[PDB]
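Written below as structure tokens is the structure these notes are about.
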Number of protein chains: 2
Amino acid sequence: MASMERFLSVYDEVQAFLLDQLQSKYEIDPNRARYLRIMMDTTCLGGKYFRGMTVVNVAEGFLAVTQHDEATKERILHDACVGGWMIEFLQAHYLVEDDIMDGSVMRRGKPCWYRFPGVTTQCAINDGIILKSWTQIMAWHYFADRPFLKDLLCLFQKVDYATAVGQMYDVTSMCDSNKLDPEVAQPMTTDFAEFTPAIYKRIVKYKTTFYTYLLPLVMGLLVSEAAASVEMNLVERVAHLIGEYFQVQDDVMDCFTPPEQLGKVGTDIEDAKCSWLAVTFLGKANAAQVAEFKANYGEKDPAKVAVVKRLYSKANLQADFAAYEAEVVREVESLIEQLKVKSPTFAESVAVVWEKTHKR
Amino acid sequence: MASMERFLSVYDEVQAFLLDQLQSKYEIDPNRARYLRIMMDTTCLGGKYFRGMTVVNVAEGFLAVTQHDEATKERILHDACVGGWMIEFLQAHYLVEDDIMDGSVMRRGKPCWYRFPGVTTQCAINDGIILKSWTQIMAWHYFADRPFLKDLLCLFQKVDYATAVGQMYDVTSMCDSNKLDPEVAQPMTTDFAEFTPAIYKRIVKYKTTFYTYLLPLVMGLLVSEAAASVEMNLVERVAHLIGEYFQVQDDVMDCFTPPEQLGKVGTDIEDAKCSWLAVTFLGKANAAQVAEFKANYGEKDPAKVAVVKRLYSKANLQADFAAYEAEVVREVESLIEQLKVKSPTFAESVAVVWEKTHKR
Ligand SMILES: Cn1c(=O)c2c(ncn2C)n(C)c1=O
Ligand SMILES: Cn1c(=O)c2c(ncn2C)n(C)c1=O
């Protein structure tokens with residue numbers, strides 16, 4: 001089948017397995033099963049499935065150059081699809097919880113899950129917990145007999161933990177580190193001294209890159225029994241590089257993409273987030289521009305938000321972005337060349353991942 | 001050492017390991033490390049450590065009757081302490097998140113974690129996520145070389161999933177099942193037809209008993225390499241029985257124990273929870289009493305809450321509780337007798353667990 005058709009068919013199988021198990025072993029009743037089916041569909045479906053399909057595409061690459069029985073090819077592709085859905089459900093977990101944490105209104109043009117009338121925060125926090133628990137159920141069920149079960153569970157845990165740490169870095173990025181204290185309400189920074197490239201890079205590395213690029217690439221290697229055939233330090237370096245670029249694109253879109261196309265209203269400015277735009281602006285502003293940014297950033301007032309967007313346009317951050325992009329292109333191509341030494345097939349899969357990222 | 005002294009010493013070791021790893025591998029800075037240290041202390045310490053100490057006590061029982069080198073005894077006890085802290089951190093996760101979900105005010109006489117001024121819900125949801133992630137970090141680190149790693153991780157996952165399902169059952173227990181729908185705000189039941197013993201038993205089994213009694217008992221067996229030496233169906237039956245009694249005690253205390261001793265104000269009546277008191281009251285009420293309960297249950301109005309408490313006293317639910325307790329005593333003693341067939345040592349550990357529960 002087309003890879004996407006196989007991936008979506010496996011969703012139906014995994015959902016049926018999870019819901020049937022709830023009936024047979026957890027005494028669930030049909031109405032709560034229906035609630036959870038709708039929750040799964042609403043939180044897990046409707047995106048592009050980039051992360052899950054990366055697992056599939058990596059596995060397909062190795063299948064084309066490795067001798068296998070037909071039944072083994074089918075097993076590997078089925079495993080890649082389940083593993084990809086583990087990542088999609090993990091993402092669903094972090095979007096449900098982050099939308100609650102951030103007080104978000106919309107996502108993908110629909111209300112955030114916790115805002116559905118019959119859900120509410122009381123249920124939605126636990127729904128997000130269940131989403132992540134489902135990732136572990138699918139691994140222990142589908143991969144019970146597999147040689148890579150241990151490495152895959154270990155990786156998944158490390159990536160999940162990194163991502164939770166990243167969320168902490170993200171939501172505290174507008175506070176002075178020396179003022180962080182559970183006992184004291186957290187004031188917004190006034191000097192913005194921690195709005196630097198290195199600190200931004202730290203936030204993004206943990207909050208996004210591990211689960212968006214490192215986990216799908218390595219899971220593809222694991223279900224293919226091909227990890228020995230790559231230099232893991234290069235996989236990490238290229239995942240963190242492409243992942244950062246992905247997030248910079250998202251940062252720019254939050255500010256400048258119309259809500260209709262964006263699927264939501266961006267509020268990074270009002271939320272005083274350490275965005276690529278803010279960091280890059282502060283890296284080239286003169287004193288008067290820095291002062292005007294400070295006087296307006298992180299406030300809900302729409303005229304103050306408009307001031308900040310005006311500063312960004314006046315500062316020609318398009319030029320900085322094109323320079324950033326050119327450098328990422330140089331570095332990603334270099335890492336892909338290095339990947340070819342041990343694994344030309346994996347290098348081409350990484351090239352495909354970059355192309356999809358770059359021309360999005 | 002006294003078992004408790006060893007258990008608390010291992011907390012310091014585990015905390016140091018987790019925080020040092022955040023420095024060495026996650027680029028954490030000292031102020032965020034301090035925040036997380038306070039979060040850990042505030043959410044994990046201050047209880048009686050009943051669940052974690054059960055692991056230790058089960059392991060101690062087997063040590064007394066099994067030939068081991070001294071270094072192996074120390075290893076087993078250290079493993080039991082780490083495993084016990086995994087359960088204590090798991091509980092900490094579900095208390096942080098449940099307090100947010102339920103809008104709780106106090107716990108153990110202190111503000112709920114999310115209500116600390118420098119925390120807020122935005123941070124506290126993610127802090128609870130981190131608490132559970134820490135359970136997995138400690139398992140993969142401390143038990144990396146152990147034969148029971150796989151079984152322990154598998155058990156932990158199944159117990160965590162059961163508990164999340166239980167929370168869903170708990171927070172939806174005042175809604176008619178046929179009206180559950182994400183699209184429609186959930187009305188409180190008017191007939192209370194789902195306030196039955198069997199439905200109550202289902203809620204409690206999943207929401208509490210798996211992590212409070214089954215997980216500590218089986219983890220004690222696993223770190224002792226002694227699970228083959230017991231009939232697992234009896235361990236499950238006795239865990240679910242003692243766990244239910246534990247929750248019934250908690251239900252009664254929420255209504256009748258003074259806030260000073262309780263550590264909080266109970267709001268089960270206002271929250272329309274399917275409590276043992278409500279179910280038992282409806283199991284003996286006459287028509288006029290049922291009508292008065294319906295007219296007053298699940299409302300914040302303090303005079304309506306007082307009406308409900310008056311109905312409970314007038315109905316002499318003390319008598320039903322003493323009858324319930326007598327039956328649990330009969331059944332637990334019977335299961336302990338059965339446990340002696342294969343494992344007299346484990347049976348005595350279960351007897352200790354019951355005694356601590358019963359005379360609380
Ligand atoms: C409108 N607009 C953009 O659309 C944009 C941008 N930087 C990148 N993009 C895409 N800047 C600074 C901008 O003003
Ligand atoms: C005051 N009170 C109690 O203290 C109590 C109880 N049932 C059990 N207990 C302990 N009932 C019904 C009660 O009215």
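Proteins come first, then strands; the chains are lettered A, B, ... in the order of their sequence lines, and each starts at number 1. In what follows, every heavy atom counts, from backbone to side chain, and hydrogens, waters and symmetry copies are set aside. Every number for a ligand or one of its atoms is a count from 1 in the order of the listing. Recorded method is X-ray crystallography, 1.6 Å.
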Practice task
Name the macromolecule with the most heavy-atom contacts to ligand 1 in this structure, as the PDB entry names it.
Solution key: Farnesyl diphosphate synthase
Exercise for the section: Say which drug appears at ligand 1. Expected result: caffeine
Problem - Other chains closer than 4.0 Å to caffeine (ligand 1) by heavy atom - result: A
Practice task
Report all residues and nucleotides of other chains within 4.0 Å of caffeine (ligand 1) (non-hydrogen atoms).
Solution key: A:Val252, A:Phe256, A:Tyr312, A:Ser313, A:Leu317, A:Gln318
Practice task
Please give the covalent link of caffeine (ligand 1), as residue and atom, or none.
Solution key: none
Problem - Source of chain A according to the entry - result: Trypanosoma cruzi
